[PDB]
Every structure is written in structure tokens, then in C-alpha cells.
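Presented below is the structure to which this report refers.
Chains are designated A, B, ... according to the position of each sequence line. Throughout, chain A uses the PDB entry numbering, with the displayed residues spanning 1-220 in order. Numbering, chain B: per the PDB entry, residues 1-130, 137-219 in sequence. The PDB entry numbering applies to chain C: residues 23-176, 181-186, in that order. As a basis for the values below, the full set of heavy atoms in this structure was taken, side chains included, without hydrogen atoms, waters or symmetry mates.
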Amino acid sequence: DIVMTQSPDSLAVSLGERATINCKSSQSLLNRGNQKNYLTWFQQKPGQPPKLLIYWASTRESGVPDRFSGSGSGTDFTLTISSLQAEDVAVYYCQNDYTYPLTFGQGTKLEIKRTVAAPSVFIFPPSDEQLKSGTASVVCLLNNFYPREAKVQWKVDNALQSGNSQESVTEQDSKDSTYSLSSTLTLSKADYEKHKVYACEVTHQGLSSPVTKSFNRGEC
Amino acid sequence: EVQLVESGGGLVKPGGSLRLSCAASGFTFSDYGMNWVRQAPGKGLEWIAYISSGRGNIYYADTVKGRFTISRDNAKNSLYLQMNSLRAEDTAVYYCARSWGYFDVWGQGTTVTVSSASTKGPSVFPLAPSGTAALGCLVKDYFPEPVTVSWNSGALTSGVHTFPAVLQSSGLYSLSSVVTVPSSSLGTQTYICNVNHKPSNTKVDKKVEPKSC
Amino acid sequence: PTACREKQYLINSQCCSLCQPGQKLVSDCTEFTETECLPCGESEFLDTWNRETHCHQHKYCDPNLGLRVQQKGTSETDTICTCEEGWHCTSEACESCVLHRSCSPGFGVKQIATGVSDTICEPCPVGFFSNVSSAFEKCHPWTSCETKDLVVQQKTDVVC
């Protein structure tokens, strides 16, 4: 069973610079008959089947932009993406194509480094319909920001929340290279109804000061 | 065209059985080797089965040896995967892929969930609005993945973010889908998120209008 | 006043081009059109600069014989097989897999294996030899000839 170890696991590269993804195999992928190294490269975008990039370690598949250059031989291979573009954000896999079982590398998550973008923050009260079920979901949306690091804080009548929130992120945008974030505070209806002021406090590199979106229960 | 269209995925109880199909079109299916690659959620790609173009040679990954049997029907242009004695590690998206030395055309992907738990349609709740405004839909308490959300039947795509689903203690899935729209188009333009959960054959259309106090 | 290259062959007074390894022949080259070839099938191959009109069927490494794939079948090479971590190929052709070891050139089989005794190998004495690795062959003797031109080692026979 041949083992591909890619390197790095994650990579953050600026727009228009060069990305280098390395791949090493436990065995040689070299066919002595035809002098070809059987190493295939794939690019898998969010919720999409992998798209084939390079085969025989350096042959660019028809259709693939010439920025994508495969190279290497023996046990050490490398994928180079020159003049990186925003649409290049995806996970990249090297595959052993030399024998069965055909084994893939573990993946390399490429992030696009762009300039700093601040989120637009929104808060949403829990609907009256959800309160019959006995729980209250307060959602806070952080829209279109870069880099990932963002800090949501939930306050309920100015008292800091802990443990009752969950954050979830979108995939970096294929056009504008930004993240989006939802923070959902889950409370019981009884506890939601016992307090009045619900607030979302957001900090981000691109902001100057914290941004707080609030609403009062029962007022509006 | 060059297409591969999986079908057959879904929820099944452990030890149960499933048969995925793959509908080839736009090329000479006979000429190609065929494969199944899967991807466990949040994990990598794993090759599991192969069938050759001629004598019909067959190789498997050891992890499906015995239980899964790959087959083809060149006459019906189709690849098949009989999965038997299914374990929880078999939960993944199952990718169809043609090969003539290297994988170059892949299938849609079809999700297979191996679980004792039962299908549940989602509750869709409104994330209502208060230059740009933001509205959305809270799709809650469904099993299994995936739901798919669209807005105005696909006629609204600009600014839509649908976050990934999170599993809760309840053993049920939850996610939010949000869209940014001009605050002017708020009494005029009517917004509806279309939540389609095929595993339970539920379609929910929730209309999100602003709250009047 | 004329020539013929190494990757060409002679047909019908014209020196035509051979098909590259991996491509079969479709029709022969004439005065004014060259040889037309076509790649082999996904399950086929051809080792050589050739003029064959059918490709070869790919080797199947059968698991029921303990066979793994060592190197994939490619257009220009045949599938190579081998065996599990503790096993042996019966021969270089590796048609199936065994646990019993075979004596190497220089040794012959004292005792063919049985039960849970592995094959028993001894070194060939003077003057006997073994030019192959085998699990069954014992040392056969050198030709006791007239004109001894070369002596014999043990794993080669006296050449006279």
C-alpha cells in the first residue's frame, strides 16, 4: 500500500504570488518501461467532485490554465500554481497512479491571502413559531470578511454568555475571497423569556472598535 | 456533453444493503475503465473499486473486500456498486469516475449515510429583517444530510450564503441560509427560501417578510 | 543512394514507420501517406515498435491466487504482479503465490517441502550445479566431456 504524504497540510498564499504544494510517496512511481512517473494532481472545490489537473507528474490536462505546473520524479513531487487567482481556492490532492490500490494524498487546504475586509454584522431575534417548541435560536451573521479570525460575543442583559453558542463558516469566496460567519445562541424559551436585551458583539482586524447589534425582547 | 450521473444513495441501517448506479453519457462507456472513489465527511478521497474496459478486470481496496462488488452493464451504459454488510465508516459521498490511465471525468457525487436513526424533515424558521439588509432561513432538526436551499426558486443568487450543517446533541442537523438585499426592495420584493430535503421527501417554502411590531 | 532507420520497417519497396509502443497498426504506409496507428485499448498493451493490428490482453493479478498488483497496466507495458508480505512468487512470471522458499543458483533441493517443513536446500558439491532458483530441482552434474574449454562453478555447466 503506497502512502502519499503531502506538505504542507494548509497553505495561505497571497493573490498573484506562487503556491508550492509538495508530495512524497513511500515507493517509486516510476515505470521503467515507459519512463513515466505515475503521479496525478486534483483540485477539489467546495462540495464539488475533484477536477483533474496534471497526470504523468507533469502533463497538464487539456483545459487547465498553464499556471498549474506539475513536476518532480522518483519519490519527491511538487505542484506549482504561479500568479495565484481567487478562483484557485480549493483542496489539492496528489494521487499514486502507479498501482492498486490507487492511493491519494491527505490533501492540502489552500487559502487566498487578500487585503483586510471588515464584516457587516446583523442580528436576528428568534421567531415566535420556534418558541412553541421550547427553544430560542438567536442568530448573528458576520458577512464578507477577511481573515478568518473574528470574535463574536453574546450578551444577555449585558451578561456574557458561555458555552451556549456555535459558530459556522462558509468557504472562502471564489470571487472576492472573503469568509461569512453565523453564530447561533441556543437558549430555552423559559430562559429567553426571563431576559430582555440580546446583543451580539463582534471584533475583527478590519474594524476599529467592537460592533454591537442588539434587540429587545417584546419591544421589537 | 460528457456526463456521469450517480443515483441510489441515501440512508440505510447498519448491515443493510445499497446499490448505487452511474449513468454514463456523451462518450463510449465501453472503452473506459470505471471506478468508485468515496469521501468520508470532512475527510479525504479513498479509492474503493475498479472495473477494466475489456475482460472486465476487477480490483478493490481491502476495506471493501467481500462486502462491495463492482459491476457494469455496457449495454445499459451504467456502472453499479453493490454494497453489503454496511458499517458506519461506509458513510461518505460516493464518486463515479472513468479512467483511461487517470481519472478525468467524475460523477455528480451521491451521499450514503449508514445510520440506525430515522429520517426527519426540517423545520424552517424565518430570519427576518429589521444600503443593504440581510434576511434568511433557519433550517432546523432534520436527518440526514443534505438539505438544499435556494431562494425564489433559484431566481435569487447574489449574496446568498448557506452555512454548513452542524450536528446537535439531539442527533439532528441544523443550518442557516442568508441573503443580502437592498433595504429599498423590502416591502415590494417578496423573498422565499426553498428548502428541499429529499431523504424525507419534504419540500418547505418559507416566506420571510419583515416583522411589524 | 537510399537508407532505412531503426524505427522503420521495409514494406513494398518503401521504408515505412513502425508504430510506437502502445499503438497498434491500422493501415500500411504508402508512397505519399505514412503509417497510421491507433492507441491500444484501456485493457490492452504492446511492448515494442511494432506493426501488429491487435493489442495484447492485460495481466490480471487474481487475489484468489494471492496476487497483488506491483505496477499497473499501461498502454506500453504489461501488468506486473507480486504476493502478500509473507508469500513468494512461484516463478519470475509470478503466476501464483506460495509460502515455500526455493533454493537459489548454487544450491539444490535436498528435500521437497511437505506439511510444515520448508524446502530443504544444500549447496551443490563438486561436480554438480544449479543455474536456476527452484523449489523442486536438485543439482544435476556437469558434462564429463573431452575438450574441457571452461570449468564449471556451483551454478554453471562445463562448456566444452
**Prompt:** Name of the drug or drug candidate at chains A and B?
**Reply:** ABBV-323
Which chain forms the largest contact interface with ABBV-323 (chains A and B) when counted as heavy-atom pairs under 4.5 Å, and how does the PDB entry name it?
-> Tumor necrosis factor receptor superfamily member 5
### Query
Which residues on chain C have a heavy atom closer than 4.5 Å to any heavy atom of ABBV-323 (chains A and B)?
C:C62, C:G63, C:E64, C:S65, C:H80, C:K81, C:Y82, C:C83, C:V91, C:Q92, C:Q93, C:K94, C:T96, C:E98, C:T99, C:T101
Which antibody residues of ABBV-323 (chains A and B) lie within a heavy-atom distance of 4.5 Å from chain C?
-> A:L30, A:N31, A:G33, A:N34, A:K36, A:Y38, A:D97, A:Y98, A:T99, A:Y100, A:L102, B:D31, B:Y32, B:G33, B:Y50, B:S52, B:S53, B:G54, B:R55, B:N57, B:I58, B:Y59, B:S99, B:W100, B:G101
